[PDB]
Q: 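PDB structure, Chitinase A holding pentoxifylline.
The numbers used for chain A are those of the PDB entry, and the residues that appear cover 22-591, in sequence. All ligand and atom numbering here is 1-based and tracks the order in the structure. Going by what the header records, the deposited coordinates were determined by X-ray crystallography, 1.9 Å. Computed over heavy atoms, backbone and side chain alike; hydrogens, waters and symmetry mates excluded.
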Amino acid sequence: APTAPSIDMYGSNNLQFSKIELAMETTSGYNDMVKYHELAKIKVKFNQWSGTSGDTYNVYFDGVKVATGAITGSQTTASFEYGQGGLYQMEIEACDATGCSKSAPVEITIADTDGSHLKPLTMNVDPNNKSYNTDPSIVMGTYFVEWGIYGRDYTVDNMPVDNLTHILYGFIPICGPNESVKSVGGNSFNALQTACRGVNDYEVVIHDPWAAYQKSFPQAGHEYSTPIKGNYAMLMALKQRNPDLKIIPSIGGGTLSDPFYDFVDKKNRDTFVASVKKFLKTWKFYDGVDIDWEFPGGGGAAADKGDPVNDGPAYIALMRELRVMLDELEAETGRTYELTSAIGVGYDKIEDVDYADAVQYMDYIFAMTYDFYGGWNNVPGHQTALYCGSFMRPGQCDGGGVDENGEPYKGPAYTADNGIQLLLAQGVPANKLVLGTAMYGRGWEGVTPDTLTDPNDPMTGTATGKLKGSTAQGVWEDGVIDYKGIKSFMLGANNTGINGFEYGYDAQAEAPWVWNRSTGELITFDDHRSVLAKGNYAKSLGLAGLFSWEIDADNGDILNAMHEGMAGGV
Ligand SMILES: CC(=O)CCCCn1c(=O)c2c(ncn2C)n(C)c1=O
Ligand SMILES: CC(=O)CCCCn1c(=O)c2c(ncn2C)n(C)c1=O
Ligand SMILES: CC(=O)CCCCn1c(=O)c2c(ncn2C)n(C)c1=O
């Protein structure tokens, strides 16, 4: 016989609650901005403006009692905890000695990071991505980059997810020595320093919390009160649409790998593995971890780091210790968690790790069969060829010979086949290796006809510097161009060359190029033909499948060719 409660929607945070507490309106240290709670804190204000208030309230979710407390006037705040994410029909009843009066039901949301409070994501995929019926046991992976939501304007709902088995989310940094990030310029290092305030060295953090969980995306139905927004909320709604898709955070990458060189000290590995565990308990849409250390032994961005004696065993110990940790998580959750890694495949990178040993702990190795040549020097070559190109010298392919000054080659040339064969030769099983495809070109300026030693092969020329171009043409950094930019501005609709470019294909190497004889612009990339060759190769060897770098740079053609190449290899 009290007055039935009316719920104050605006005074109760629009009934949006969450197991994870995320700062939405600042940028600060990771432990300050993100706190995961086993019980969500619920606070609901309700009013009984007329009649009698009564003396106690009970709260029901879908008919089940979940909280009780005292009413002592005409406005009450009910505070309680609840442990399960989801949407629920909430009623609040007020009671006195004579009876109870229940409010009308209203939906309350309790967010959790598995996306259990979210409907399947609405997609907006370019229709140039076709539908395939590829065997679901073949890996078809890609990297989605966190910063792609800015100038590249490529969001989670743009991904052709039904053509993917694995989404690797690039990248999760590690607090600590990070001079390589500083050297890149822009705001990357400053962002990282902020995220690491109050964080122990060697723990993972989110690099850009605005991209990850703050930015409101209209296409995803995000509102002011939505407790999780950003790319991560969209990946959560994506797992609701595609529950079998694996979404894996990739830790490291070329500029973020500095802290891995300190993993020869086991205390640093323990700190890092513990932070990864906490990370996967906090962000439950993720299905494992991808380790992208570029590179054990050195030769990467950090010119002053790398230990060819100790980094390999440290890498193998890291994989064992991660696998132990992921086994605990599988025990706690009943889920399967995957452990993978993207690796350099030049002989000098491979030789520093016993991968046959590492790989017993791992689900897959993503072999980085690209970046073999590029604008960091003026030597043209195929950056992603399967085999040795026509431009190579006698004995260069297998490393038997000498260069143009008579210097002996130090090892086999950089090709996908050389890398894959070296890994098989170590005893890595073919069905754990995933072959990489480039959705971008690397290129040079200045490779004009007078520099060529073979007048029909620009790979025999010499450059003056890196390819220059605008972001409109898909050039986001010097020397690098999106595949969709090469297609729009160099190849044209018929793949025969526009704007002063001509198309060529080195049939020996299985590698395409476009060349502008007058500017001497030369770009090496993967196209439909070379990606079919890769698919045939992967099929021949019984590899796990294919992956690509990076999804925002494709227009559909490369991922389509990945699927066609895997079907059609003979
Ligand atoms: C600038 C900010 O808000 C957080 C840091 C983002 C990190 N980041 C990039 O922004 C980026 C990038 N490459 C190109 N860009 C534009 N990398 C490698 C990166 O880590
Ligand atoms: C502006 C920008 O993004 C340049 C990044 C180059 C950093 N970097 C590498 O990533 C790298 C490398 N060797 C292998 N890798 C993967 N070196 C020598 C490098 O500087
Ligand atoms: C196949 C393999 O082992 C590649 C090793 C890294 C290639 N590479 C560079 O050498 C490099 C670079 N930037 C500057 N440099 C000198 N990047 C981005 C790179 O990938």
Q: Quick check on atom 19 (C) of pentoxifylline (ligand 2) - does any protein heavy atom sit closer than 4.0 Å to it?
A: yes
Q: Among protein heavy atoms, which sits nearest to atom 6 (C) of pentoxifylline (ligand 2), and what does the distance come to when rounded to 0.1 Å?
A: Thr276 CG2, 4.7 Å
Q: Would you mind running through pentoxifylline (ligand 2) and noting each atom that sits below 4.0 Å from a heavy atom of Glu498?
A: 2 (C), 3 (O)
Q: Looking at atom 10 (O) of pentoxifylline (ligand 2), what's its closest protein heavy atom, distance included?
A: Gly275 CA, 3.5 Å
Q: How far is atom 11 (C) of pentoxifylline (ligand 2) from the closest protein heavy atom, and which atom is that?
A: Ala322 N, 3.9 Å
Q: List pentoxifylline (ligand 2) atoms under 4.0 Å from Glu315, heavy atoms only on the residue side.
A: 15 (N), 16 (C)
Q: With heavy atoms of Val205 as the reference, note each atom of pentoxifylline (ligand 2) found under 4.0 Å away.
A: 1 (C), 2 (C), 3 (O)
Q: Can you tell me which residue and heavy atom of the protein come closest to atom 14 (C) of pentoxifylline (ligand 2), and the distance to 0.1 Å?
A: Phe316 CE1, 3.1 Å
Q: Would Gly320 count as a contact of pentoxifylline (ligand 2) if the rule is a heavy atom under 4.0 Å away?
A: yes
Q: Which pentoxifylline (ligand 2) atoms does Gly321 reach within 4.0 Å, using its non-hydrogen atoms?
A: 12 (C), 13 (N), 14 (C), 17 (N), 18 (C)
Q: Any idea which residues from other chains are within 4.0 Å of pentoxifylline (ligand 2), non-hydrogen atoms only?
A: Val205, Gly275, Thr276, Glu315, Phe316, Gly320, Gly321, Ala322, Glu498
